[PDB]
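Here's Sodium channel protein type 9 subunit alpha with PF-05089771 bound to it.
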Amino acid sequence: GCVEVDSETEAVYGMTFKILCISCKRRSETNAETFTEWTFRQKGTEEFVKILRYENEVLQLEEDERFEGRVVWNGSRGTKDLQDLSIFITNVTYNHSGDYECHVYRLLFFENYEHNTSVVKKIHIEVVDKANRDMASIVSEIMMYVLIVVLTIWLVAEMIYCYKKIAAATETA
Amino acid sequence: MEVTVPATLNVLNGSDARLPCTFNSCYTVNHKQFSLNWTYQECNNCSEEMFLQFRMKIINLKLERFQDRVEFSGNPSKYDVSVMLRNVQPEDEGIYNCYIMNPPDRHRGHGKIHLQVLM
Amino acid sequence: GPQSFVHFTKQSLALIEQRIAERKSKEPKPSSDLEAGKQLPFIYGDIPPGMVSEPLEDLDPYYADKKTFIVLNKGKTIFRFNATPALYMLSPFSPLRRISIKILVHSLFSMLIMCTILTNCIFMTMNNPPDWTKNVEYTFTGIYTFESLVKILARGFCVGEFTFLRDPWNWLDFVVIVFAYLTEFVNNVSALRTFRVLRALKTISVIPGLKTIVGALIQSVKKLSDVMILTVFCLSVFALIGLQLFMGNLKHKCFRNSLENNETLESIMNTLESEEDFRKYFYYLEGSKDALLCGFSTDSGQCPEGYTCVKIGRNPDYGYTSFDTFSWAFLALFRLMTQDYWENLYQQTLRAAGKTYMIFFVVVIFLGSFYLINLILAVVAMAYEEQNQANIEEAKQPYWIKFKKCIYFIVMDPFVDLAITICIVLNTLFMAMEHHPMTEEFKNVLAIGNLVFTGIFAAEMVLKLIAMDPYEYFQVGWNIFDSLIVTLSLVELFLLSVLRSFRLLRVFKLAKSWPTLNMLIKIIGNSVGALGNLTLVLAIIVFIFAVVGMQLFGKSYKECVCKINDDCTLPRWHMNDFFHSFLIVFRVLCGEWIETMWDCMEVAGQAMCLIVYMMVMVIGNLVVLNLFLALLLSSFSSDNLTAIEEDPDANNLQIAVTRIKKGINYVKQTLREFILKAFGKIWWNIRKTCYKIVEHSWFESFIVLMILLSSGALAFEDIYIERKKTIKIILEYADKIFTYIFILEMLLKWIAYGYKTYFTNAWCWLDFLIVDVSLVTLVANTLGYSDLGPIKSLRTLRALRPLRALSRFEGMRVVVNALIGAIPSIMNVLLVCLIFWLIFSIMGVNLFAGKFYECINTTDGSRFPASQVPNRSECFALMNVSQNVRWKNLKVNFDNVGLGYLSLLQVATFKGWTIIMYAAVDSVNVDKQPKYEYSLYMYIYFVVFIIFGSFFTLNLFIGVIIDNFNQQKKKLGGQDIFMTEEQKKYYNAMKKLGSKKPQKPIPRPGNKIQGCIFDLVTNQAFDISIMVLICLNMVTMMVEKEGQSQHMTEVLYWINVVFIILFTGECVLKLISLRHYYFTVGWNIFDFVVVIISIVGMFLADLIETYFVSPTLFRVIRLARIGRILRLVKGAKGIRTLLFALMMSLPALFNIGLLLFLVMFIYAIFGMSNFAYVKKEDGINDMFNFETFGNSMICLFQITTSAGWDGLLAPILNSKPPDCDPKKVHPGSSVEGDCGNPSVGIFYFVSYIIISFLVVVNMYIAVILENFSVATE
Ligand SMILES: CC(C)CCC[C@@H](C)[C@H]1CC[C@H]2[C@@H]3CC=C4C[C@@H](OC(=O)CCC(=O)O)CC[C@]4(C)[C@H]3CC[C@]12C
Ligand SMILES: Nc1[nH]ncc1-c1cc(Cl)ccc1Oc1cc(F)c(S(=O)(=O)Nc2cscn2)cc1Cl
Ligand SMILES: *[C@@H]1O[C@H](CO)[C@@H](O[C@@H]2O[C@H](CO)[C@@H](O)[C@H](O)[C@H]2NC(C)=O)[C@H](O)[C@H]1NC(C)=O
Ligand SMILES: *[C@@H]1O[C@H](CO)[C@@H](O)[C@H](O)[C@H]1NC(C)=O
Ligand SMILES: *[C@@H]1O[C@H](CO)[C@@H](O)[C@H](O)[C@H]1NC(C)=O
Ligand code: NA
């Protein structure tokens, strides 16, 4: 239904990147009206500045040079009940490195009861020249190869031992 | 609705008359919705006079023909809507009706009492 | 001998009195043949004409001394009376008593009483009788008074021996008469009329052979004393456990956080009456009458944002579902034992307390639901066996002539009968082609085919009737049945919808050659034949319960209707009239009683409805079980004796088969003749070392561990796999390693065994197929073929890799061997019940095809009335006007034969059947809006289907499965078929445990004080006092309830502490007296462990409750208090034997449970693969779905008992809009669409429920075998 998956923390210069922000409401059958706001604090800077605000199926982009013409919407479409607030970067530059905040303002409609809640998600993005391969993949691949090698040498040694023993037994008879 | 009333009630002049009216309803009597009407008519084809009604609480209309001699003598929560006529006079002779509506019961209850006053 | 017949005269009475006087001055069983109510022996021959129905002298020498006289009827029935004058007036020689006796023994008397009772029973079904009825009631009363007076005058009243009041069945007549007169003279009307149902019980004493059936039913109960005690004890123990664990959990509700006008929870809760006002402060799901449950743990139900979980308010289901007091907990545990709507309670408890508490429900189901029911069936099985064994044991101790002969020659056994059989098969296949969206040409073809078949069958009937004489024709029952079918078809041709389905019964004509269909014919024939009286008793009991329920609660349903219905109209199930009251009783017999009992308790109070429902459940289930058992055993052993040859008269099918064996073989041989006329030690050492490698124990352990690791890695691939990147990559590389390992293992087996040996083994074939699928998947992924549709679908086949564990574990191997050996016998009965269900499916298509469509308002999901929108065209016009309007059909219906099969499967399992019945009884016509109970009497269709294809079909299946497993045991020497060799050794060792000779008496200590304590503890009064102390402790635990004050909690805890101190003192005294001999008894070891855990647990619970904050830990640790009450089974010998039988059954149950767990694991992996993204409607929701492995196991354990499988199937039947959205976007995943696959889902659920049925039947049979061995050894 809805799974909250964290964003990738590494983007490569010159290509595209998607920043993931998923905010699933606690019960799926409830009806809500959601809008989101994104703030970004670049490396070497302290103040979070607003970069975009998505509401009513339209994206409002702030007048920022580092994001003008470079951000498109990648979240939930065709509804006011947004559970995916992701954005998409078309041309990653070194100015997109820093910390992002994904403010989710969800208004839930109940029987004679309106609840205005809010969620904040923080994403750290580092812009690099080349895609650094994950440690998990490298370690798992190396471990797989060494495990296969160990198993095959163990089996080979056991076969040679048994073959020598049975050949000696045959020669005895 | 089953309404338990005496068909004929003979009460001495000057004495107190209790007019019993009880109903057997499945549902609990909700005071915020229980309705009770006590009317009086001189004859079966005569006009009915509203003198004691329960809309939210006991409302006694204080009719001039009864002075202040009409009192409530029942308990709606206990299915008893009886009324009391203190110091019954000869003019009190007539027909007394107790209308009962106890939602969500669909049917309307109606009991009739013929009060006769002897010397 | 026969000459011993003489009128009873005054001289005979004088001689008898003189003999009695001689006996008195001086100061043996009678002939069972001459016993009253029996046929006079044939040794006496006929009776003189002037001697019948006259007071005669006593024949029996036993009563020849006392004063008696016997009257014999024309039917040679012996009736014994008392020579003492009736009420000291009427003597046997008096004309008045003579006439009374003459009336008493006659056929027109009993027949008149029968007719009167039946007419009164018919009149009893009226709920609002007219005013002309009272005269008929007075006539009924007068008729009964007539027979009562006749019996009193003839037999005397009370003083004598064979008088009116000595017979227990005349007490019912006297009670009826006195009640009728007393209540008539005194004048609750319902109470008085419920007493009139006792007249329906006079049916037992008038129809012959009913009293013996009732006596046998009473006898069967007396053998159930120990099983009922054990059931009550187990239910009480589990009710205490549930009370301790789930107390107050069902009161949790989602209460809103923000309140205006300075409001607080207590201030709200005392000003709320209606559910409309409750819905403004608590969270309700749409269309629900109870508030949504919640919990405080992370694995419980979740409240929406803006609400907080709090324990407040009433319990669900009008408040009748709770674990708050011992009584409600006991009701809940009884509901769990009977598995009546238990999935609802299971879901509520998991929502309110957490998914971890599924362990409680698994244990409860296994012990109470499965094992306790097992003992009930087993004990009744032995009771009827011993009754059956005793029964047989005491029983043994010109031109017209020419052309008729020409036609007779035309009727050939090899050809005409085979042609007729082929025509019957083609006909039943032809009517299986009917379906709702059927064009006019197809209907024309079906009609002409049906007419042609009818014409041919009529021609056959006419030819057979004119060939051999009509008098000879109607001698054979099959000919009569064929004639009835033909005339019914002709009557239909001259003209209902049901009558068109009467030509389905010609399929039963194949039973002449089909032997297992003839078994079903005999089973059905016996129920109405040799067992007709038992079926009649069952029918009478059902009728009595229906009329009693209607009289007691019928007006309560009408007056109190608004409590159980928002529209203030009668619900679907009620007792206002006789038909619906009978439907309620039938549904209770089917196993569903809790939901109607809630409404009954709401409209009429708890006590009366509880008593009535419990009585109905007990008596009805007992009688149904007795009928089932008698049918099973009769048709199993008594009917089959191989009296005649296999088709003693050479079967026409067999003669035709012999003719075919001649003809085809001869023609083929002649065709062949015409064609002929026209025209290297090293490799052996390698094989040996590979063999030595594979066969070793370390290799087997390594492969087993690889199988377990590879199977467990499947459970991690859920919808949350994207939150676990590292584990995902690790699992991919581990899958590569596993594929490599199993490929190497396959190669080693190939070298060691050779292709011939490897491919003659079926387990090796399974491993080969699995490894080839894995290798194809691995190769496809590497060469870029990873997202192809067939390749992606082939990836889901990895869920079959746990099948590699079947060969490795011996228990699953033996259980699979048993199932595979069972398969051949199952298939024939499967074909029989498929034909039987095909008949009902064709009838259902005839009745209901295309009539379940309705115009509903989608937002609230309610059917529109029939005053507006009475047609499909009007529905489409309404859609043109209103948006939320849909002309919707049921997913499971009778549109075609396959859907009819699915509907019949749902009805037979009673899961989702009620919706089908409502649709069927609201049916009007095709493209017509349904009306409420328009076709009300189509409930008869479902009742008949249940009775035949659910009761008799299961009867046949069990009957054949018994013989199959009996044959399986015999061929292997009688050993247990569900057990391994080491399990057999441990089984024998445990057998020696339950048969030990009384051990040596415990040496007495020489010390004075020690010796006195020894005599004190050894005495039986000590053990009895300990038992009553345990009972008092049980009562003390029963006192505990929800919401009790802290003072009461402290008092109960201190009483428990006193009990613990007393038990510890008992243990210390036993230790002092018996010294080291105390530890030589297993029960003493159990008691020692119990007292230790009691003390430790009480102190730990105190520490947790005061110094810690852990209610869950407190409630879990408090379970050690159960050990004290488990010692009650020490004194109870019968329940101890039953528990010994259970522990005997445990190993085979362990093997079958392992197989079931493996099947559940495979189906769970497939469920997460397939149904993880379906819409959350019906039985699928936020907590019970296929998103994770745990949720899938939760769902599959529930449907192992078949509970709620329809609700899980329903969302997967969605395949097209607007039912589902094929382009549904799921955040956090690339999967698109919330649609299910109807074919895959149907196959999934049907196969799972069938396999669960087979495995559960295995568990039943195993437990039965251990119980039967224990009770008769
Ligand atoms: C072992 C015995 C008991 C059963 C042997 C199978 C046949 C006797 C029956 C069972 C299922 C039947 C089928 C069930 C459903 C259909 C679909 C039906 O067509 C539709 O439903 C079309 C619907 C549409 O066009 O909208 C045509 C007949 C057919 C193939 C039936 C043909 C006859 C079948 C194969
Ligand atoms: N807390 C309290 N109030 N009043 C007396 C006490 C008390 C006094 C002492 Cl000296 C020790 C502990 C005490 O507390 C208990 C005593 C019990 F007996 C049970 S028990 O009935 O559940 N029995 C049981 C067996 S194993 C787990 N529990 C539960 C508890 Cl908390
Ligand atoms: C189906 O239902 C409608 C219900 O109104 C049937 O009645 C017709 O309704 C229209 C619109 O109200 C009227 O104008 C017609 O006069 C009604 N028919 C007649 C004969 O009076 C309608 O006939 C039904 N159609 C079908 C196909 O059964
Ligand atoms: C995200 O944006 C890219 C670039 O415009 C587009 O191709 C893609 O379809 C979008 N995906 C979603 C989830 O909207
Ligand atoms: C508390 O309730 C009172 C009414 O009893 C109200 O007058 C007052 O304003 C409330 N105060 C708060 C803190 O809401
Ligand atoms: Na039910």
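As listed: the chains are lettered in turn, A, B, ..., one for each sequence line. Residues displayed in chain A correspond, in order, to the PDB entry positions 20-192. To match the PDB entry, the residue numbers of chain B are left as they are there, and the shown ones run 30-148. Residue numbering for chain C follows the PDB entry, covering 8-34, 47-206, 209-418, 728-825, 831-1014, 1175-1768 in order. FYI, side chains are in, hydrogens and waters are out, and symmetry mates aren't considered; it's all heavy atoms of this structure. In each ligand, atom 1 is the first atom listed, and ligand 1 is the first ligand listed.
Counting every copy, the structure places PF-05089771 at ligand 2. Other chains with one or more heavy atoms under 4.0 Å from any atom of PF-05089771: C.
Atom 11 (C) of PF-05089771 has as its closest protein heavy atom C:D1597 OD2, 3.8 Å. Nearest protein neighbour of atom 28 (N) of PF-05089771, counting heavy atoms only, is C:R1613 CG, 3.7 Å.
Under a 4.0 Å criterion applied to the non-hydrogen atoms of C:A1615, PF-05089771 contributes the atoms 26 (S). Residue C:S1589 approaches PF-05089771 through these ligand atoms, each under 4.0 Å from one of its heavy atoms: 25 (C), 26 (S).
For PF-05089771, the polar-atom distance check against C:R1616 finds no nitrogen or oxygen pair separated by under 3.5 Å. From the protein, the heavy atom lying nearest to atom 9 (C) of PF-05089771 is C:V1552 CG2, 4.0 Å. Counting heavy atoms under 4.0 Å from PF-05089771, residue C:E1600 touches it through the side chain alone. Close contacts between PF-05089771 and C:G1592 involve ligand atoms 26 (S), 27 (C) [criterion: under 4.0 Å to a heavy atom]. In chain C, numbering transmembrane segments from the N terminus as UniProt does, a non-hydrogen atom closer than 4.0 Å to PF-05089771 occurs in segments 20, 21, 22. Checking only distances, C:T1544 never comes within under 3.5 Å of PF-05089771, N or O to N or O. Taking 4.0 Å as the limit, no other ligands or ions are near PF-05089771. Under 4.0 Å from PF-05089771, the heavy atoms of C:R1619 that appear belong solely to its side chain.
Scanning the protein heavy atoms around atom 19 (C) of PF-05089771, the nearest turns out to be C:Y1548 CD2, 4.0 Å. Using a 4.0 Å heavy-atom cutoff, C:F1554 is absent from the residues neighbouring PF-05089771. Taking a cut-off of under 4.0 Å to the non-hydrogen atoms of C:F1609, the atoms of PF-05089771 that pass are 31 (Cl). Near C:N1551, the atoms of PF-05089771 lying under 4.0 angstrom from a non-hydrogen atom of the residue are 18 (F), 21 (O). By chain and number, the binding site of PF-05089771 (heavy atoms under 4.0 Å) reads C:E1545, C:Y1548, C:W1549, C:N1551, C:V1552, C:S1589, C:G1592, C:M1593, C:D1597, C:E1600, C:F1609, C:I1612, C:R1613, C:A1615, C:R1616, C:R1619.
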List, for PF-05089771, each N/O atom that has a protein N/O partner under 3.5 Å away, with both atom names and the distance.
unit_1: PF-05089771; atom_1: 1 (N); unit_2: C:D1597; atom_2: OD1; d: 3.4
unit_1: PF-05089771; atom_1: 1 (N); unit_2: C:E1600; atom_2: OE2; d: 3.0
unit_1: PF-05089771; atom_1: 4 (N); unit_2: C:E1545; atom_2: O; d: 3.3
unit_1: PF-05089771; atom_1: 4 (N); unit_2: C:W1549; atom_2: NE1; d: 3.4
unit_1: PF-05089771; atom_1: 21 (O); unit_2: C:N1551; atom_2: ND2; d: 3.2
unit_1: PF-05089771; atom_1: 22 (O); unit_2: C:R1613; atom_2: NH1; d: 2.6

